Chemist: 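We have in hand a structure of Putative metallo-beta-lactamase l1 (Beta-lactamase type ii) (Ec 3.5.2.6) (Penicillinase) carrying L-captopril.
In this entry the chain letters A, B, ... are assigned according to the order of the sequence lines. Note that chain A is numbered according to the PDB entry, with residues 22-290 shown in order. Numbering of chain B is taken from the PDB entry, so the residues present carry the numbers 22-290, in order. Residues displayed in chain C correspond, in order, to the PDB entry positions 22-290. For chain D, we keep the numbers from the PDB entry: what you see runs 22-290, in order. Structure determined by X-ray crystallography, 1.4 Å. Both ligands and their constituent atoms are indexed starting at 1 by order of listing. Just so it is clear, the values below take in all heavy atoms, side chains as well, and ignore hydrogens, waters and symmetry mates.
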Protein chains: 4
Amino acid sequence: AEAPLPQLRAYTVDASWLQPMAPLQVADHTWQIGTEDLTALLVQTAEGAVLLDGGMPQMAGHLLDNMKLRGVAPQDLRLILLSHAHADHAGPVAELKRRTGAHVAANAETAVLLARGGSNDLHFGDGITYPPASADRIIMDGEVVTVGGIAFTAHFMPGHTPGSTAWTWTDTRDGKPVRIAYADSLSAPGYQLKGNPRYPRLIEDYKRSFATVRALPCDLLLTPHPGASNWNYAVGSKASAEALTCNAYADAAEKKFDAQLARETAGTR
Amino acid sequence: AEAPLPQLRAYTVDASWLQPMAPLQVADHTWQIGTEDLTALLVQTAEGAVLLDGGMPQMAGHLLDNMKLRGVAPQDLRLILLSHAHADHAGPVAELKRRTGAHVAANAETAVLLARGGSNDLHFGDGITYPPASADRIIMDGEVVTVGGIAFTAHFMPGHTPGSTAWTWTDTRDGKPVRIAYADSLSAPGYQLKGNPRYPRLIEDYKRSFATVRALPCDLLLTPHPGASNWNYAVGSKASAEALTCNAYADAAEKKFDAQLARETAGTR
Amino acid sequence: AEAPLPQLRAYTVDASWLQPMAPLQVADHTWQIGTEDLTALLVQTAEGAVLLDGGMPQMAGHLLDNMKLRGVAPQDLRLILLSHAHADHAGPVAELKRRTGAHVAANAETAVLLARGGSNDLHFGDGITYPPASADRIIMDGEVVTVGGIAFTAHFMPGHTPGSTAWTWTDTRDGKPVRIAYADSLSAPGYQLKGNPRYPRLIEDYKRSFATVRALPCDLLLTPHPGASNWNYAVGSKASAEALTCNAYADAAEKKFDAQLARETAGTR
Amino acid sequence: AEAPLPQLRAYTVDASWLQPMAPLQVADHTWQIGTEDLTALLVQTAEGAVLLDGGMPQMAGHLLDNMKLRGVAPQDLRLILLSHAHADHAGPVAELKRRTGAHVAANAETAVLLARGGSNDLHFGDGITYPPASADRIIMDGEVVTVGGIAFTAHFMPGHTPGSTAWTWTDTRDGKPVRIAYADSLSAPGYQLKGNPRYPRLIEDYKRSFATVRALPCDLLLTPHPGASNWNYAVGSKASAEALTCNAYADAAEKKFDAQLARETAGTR
Ligand SMILES: C[C@H](CS)C(=O)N1CCC[C@H]1C(=O)O
Ligand SMILES: C[C@H](CS)C(=O)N1CCC[C@H]1C(=O)O
Ligand SMILES: C[C@H](CS)C(=O)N1CCC[C@H]1C(=O)O
Ligand SMILES: C[C@H](CS)C(=O)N1CCC[C@H]1C(=O)O
Ligand SMILES: C[C@H](CS)C(=O)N1CCC[C@H]1C(=O)O
Ligand SMILES: C[C@H](CS)C(=O)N1CCC[C@H]1C(=O)O
Ligand SMILES: C[C@H](CS)C(=O)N1CCC[C@H]1C(=O)O
Ligand SMILES: C[C@H](CS)C(=O)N1CCC[C@H]1C(=O)O
Ligand SMILES: [Zn+2]
Ligand SMILES: [Zn+2]
Ligand SMILES: [Zn+2]
Ligand SMILES: [Zn+2]
Ligand SMILES: [Zn+2]
Ligand SMILES: [Zn+2]
Ligand SMILES: [Zn+2]
Ligand SMILES: [Zn+2]
């Protein structure tokens, strides 16, 4: 009686990443509409809405529910933007496109990973996947995408994925501008950093990306994993109280990266 | 403490579907190289090999091992053909393409489902998925694909999937021709047959496909699930003893389909 | 001084195919907005517009101009449907998608040809091409697509292309229903009909498609080339006067097909 | 009698770009097999051949002819690499893939442009297009691709296109190593350089790419347009005599770029 091949293993996550929350207002037009521990930002304009990230694949219905609470019908969603195309951020994109008619704008690296459904990941292989989706517009570094007069600027910050992107826009609160920076992850979870044949310039890209994050226009920083920027979505009006600056987020990420690099030289993860 | 969204659920299968077996010769050039309960046929020519189906995603390494036992190095695999693009038959195609340089030939319906990784299935939704892969050649009904002088003919038999295909070729044994028919599944597992908005002509297609299977050139029938044609790969040289004819396979499938249709009218699965 | 390789040759067409016209009303909601000799139908609903075909690639701006004359802003175009994915009918689809955010719904055969930009055509090779575009929804035979409460039904009629489709919907005029049938081309221009290795069942498909066209619900027939159904868009309110029935269109196409088949047997085009 | 829309215009080129030539040996394994004025490099190994660029779409048959003269049958072509995905360098890729079974390896930017057939170009729009093709392997900056033991290293040099790549490998001649650098174009033909909304960091990318080219391992430089590196393929064994170094090629390109930038500030092309 010899061993059969192993069964496929599902991508399972902490319960808080799947815990629905009601819409939490970030600025006049901008709302967190994902789960307690995964960001999905809805930006509402007079000419339709923009969604930045959707979380896990199973979050599609919840996102549509929260859009409805905000007055956004499915067909009112015009545009989906992404931080990076891993299953816990781009998971429901294919379903959202089918149910809303929204288009996706992303850089070429994010587009190719999204079209693979996250398979053949440089570090994860086929372990963390989701339904594939197509990008409808390819964007370049620094390119501006505008919906309802609100301009979103892309800032490439490769490392966590080759296509990792920060998005910036200026909202308002109390009559004053609020420069929002939605910066992507700077983690390298389980990654081989040095001499990686699938990503030879990984270290150089991360190092440049720390600098890119430090330089973002940033009155208020948000991140795909809210804990990375010290947000606590579950506490409502105090959710943003402890939020990091872009400088502090980059500094923390670089210290962690440097320590991980030294541990890899020392033979451990 | 309210319920979080459910975790993703992996596509799990009976252990026998994942139980490796050594190559089992079907005819002079044709070998079963999959698992005990999933067909993957290797056809070896003087100018490279053809693979018809690969089974589950986790079978890629085993298939390459069996190819090596047959004298087929990875780069010797020229062509992948498919019965249908469900995860338990097309599962390892993307990985095989990357590791062998083989091309995929398939009809348009199979190509679109394969490129989705089986997501947005007409009946399964996103429940049964696999790494997406691209077809390199689109084939039409009755089209002949030739490798090393061996001609493979496609016979469309829509129903189980819109792109379901039977493949026929003539091998030899004991100096005599053996017309092999690799006919696709004719099951409708859990499908809504009547008035299905995603497949309005489902019943008409199945009915035509029973006739197509009856008419195949067929000295020896094989099926993606070997039990459907009464093969038992685990018993070696007796594996083919009880194999059905194409007529008998079509008849059994049609009786099951008609009974399921009546049960659906009677309100049950 | 030996001959260089030939220059690329552009797909050039009769001037009337490129001659802009103002919107011509077909029924209460339905307008011809293409050129004098290429159909592009705009169907306007309370929840956005549908475009059936766009003509040649250079027609994108003209279509948007005519949409504006009808009160349809670019973002109001929700859906693009196609008769078949040749350059003179799907030509501007990629550009329209980028400028409107519309989605494309098409069958798998049309989707694969559209994604090739018409290249590797079964009969034309690479001679007649256009910017590639992706389908966003794959439709099956008989499937209903609804926008603003108006239901469009797909009727597959393979032959002219494998993915050739007739679209039907019911509009109104003078308080009475008008069953509109937009039937695809039934021509085989320069095609090898018999024993075509790239389309082995071509004759069988055309023969079935003549029957499909005869059976369409049809108070008013329109065709991608208006002359094929005896429309004359240039004469305004008399444009539809001489229009054929579906029965007469199918009969004329079948007689032409049978004559061409006999000429092919007799060695001529 | 008002003007019809303009006819489509073919991409026409100088006759020398389409003038076939016999294979010209560059090093022990490496041959120029394109036309007098467009590079297409064949690298022949014990385990199959690599093609770097193919020229214009109409060059497919000529390339296959020259491969045959070199002893390379169609199925012996294993891999296609590209400098950049414009019609005059990637033109015949789709056809070559269909006729050889070769795979394409390219970066994400090149993959997305190739899959568009060069349409929606950042600078050319839809004016310069070719049959779309899919990449089979996505490569990263500095990644090594190996065929028959010969290692090809990718060096990203964005500017002329976002995906512009230099490829390096070490061949031999007279028992000594020859480090070959196939560097992409550094021209900006008709491009808006400053404040280009579709390429906001164009100038920064070109400036970094001049430095990348200067730093390439380079005993012998070749370029997609041979005149850019002072090759003259038509003079046979003297073809390489006047070839530039990488330093000189970068310097000439940067001086031209700086002059064009000043002219753009001065309001001219
Ligand atoms: C695989 C692609 C996304 S990358 C997809 O979902 N498509 C491509 C064509 C239509 C639609 C579908 O199959 O439903
Ligand atoms: C959180 C990341 C995605 S940003 C992830 O999925 N990881 C991190 C490494 C492994 C894998 C997992 O959770 O299983
Ligand atoms: C999503 C497609 C298959 S349908 C894919 O895997 N591609 C497309 C381009 C290259 C390669 C890859 O991303 O590795
Ligand atoms: C055997 C089929 C594929 S041919 C399958 O995966 N089924 C049948 C219906 C449900 C699902 C499952 O096993 O979970
Ligand atoms: C080639 C595809 C259509 S079949 C395309 O245009 N795409 C695919 C991703 C984004 C967009 C683009 O490149 O502009
Ligand atoms: C009218 C058809 C498309 S429906 C066409 O483009 N043809 C017909 C055959 C040749 C080619 C041409 O006009 O050059
Ligand atoms: C459009 C793609 C290349 S990007 C293509 O040619 N395909 C995709 C599937 C098969 C093959 C074909 O249609 O011939
Ligand atoms: C030589 C370049 C491609 S590298 C080209 O095609 N150009 C340069 C600008 C215009 C266009 C043309 O020849 O028409
Ligand atoms: Zn991630
Ligand atoms: Zn994550
Ligand atoms: Zn199945
Ligand atoms: Zn199965
Ligand atoms: Zn046509
Ligand atoms: Zn036409
Ligand atoms: Zn170029
Ligand atoms: Zn060029």
Chemist: Counting duplicates, which parts of the structure are L-captopril?
Modeler: ligands 1, 2, 3, 4, 5, 6, 7 and 8
Chemist: Quick one: other chains with a heavy atom closer than 4.0 Å to L-captopril (ligand 4), which letters?
Modeler: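 Those with a heavy atom under 4.0 Å: B.
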Chemist: State the binding site of L-captopril (ligand 4) (non-hydrogen atoms, cut-off 4.0 Å).
Modeler: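 At that heavy-atom cut-off, the residues are B:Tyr32, B:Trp38, B:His105, B:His107, B:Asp109, B:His110, B:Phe145, B:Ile149, B:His181, B:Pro210, B:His246.
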Chemist: Extract the source organism of chain B from the PDB entry.
Modeler: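 In the entry, the organism is Stenotrophomonas maltophilia (strain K279a).
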Chemist: Among all protein heavy atoms in this structure, tell me which lies nearest to atom 1 (C) of L-captopril (ligand 4), with the distance rounded to 0.1 Å.
Modeler: B:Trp38 CH2, 3.7 Å
Chemist: Judging by distance only, is a nitrogen or oxygen of B:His246 under 3.5 angstrom from one on L-captopril (ligand 4)?
Modeler: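 B:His246 vs L-captopril (ligand 4): no N/O contact under 3.5 Å.
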Chemist: Under 4.0 Å from L-captopril (ligand 4): which other ligands or ions?
Modeler: ligand 11 (zinc ion), ligand 12 (zinc ion)
Chemist: What's the shortest distance from atom 4 (S) of L-captopril (ligand 4) to any protein heavy atom, and which residue and atom give it?
Modeler: B:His181 NE2, 3.4 Å
Chemist: Looking only at protein heavy atoms, identify the closest one to atom 5 (C) of L-captopril (ligand 4) and say how far it is in Å.
Modeler: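 Ranking protein heavy atoms by distance from atom 5 (C) of L-captopril (ligand 4), first comes B:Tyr32 OH, 3.9 Å.
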Chemist: So which protein heavy atom does atom 11 (C) of L-captopril (ligand 4) come closest to, and at what separation?
Modeler: B:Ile149 CD1, 3.4 Å
Chemist: Do me a favour and list the nearest non-hydrogen protein atom to atom 8 (C) of L-captopril (ligand 4) with residue, atom name and distance?
Modeler: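 Its nearest protein heavy-atom neighbour is B:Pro210 CB, 3.5 Å.
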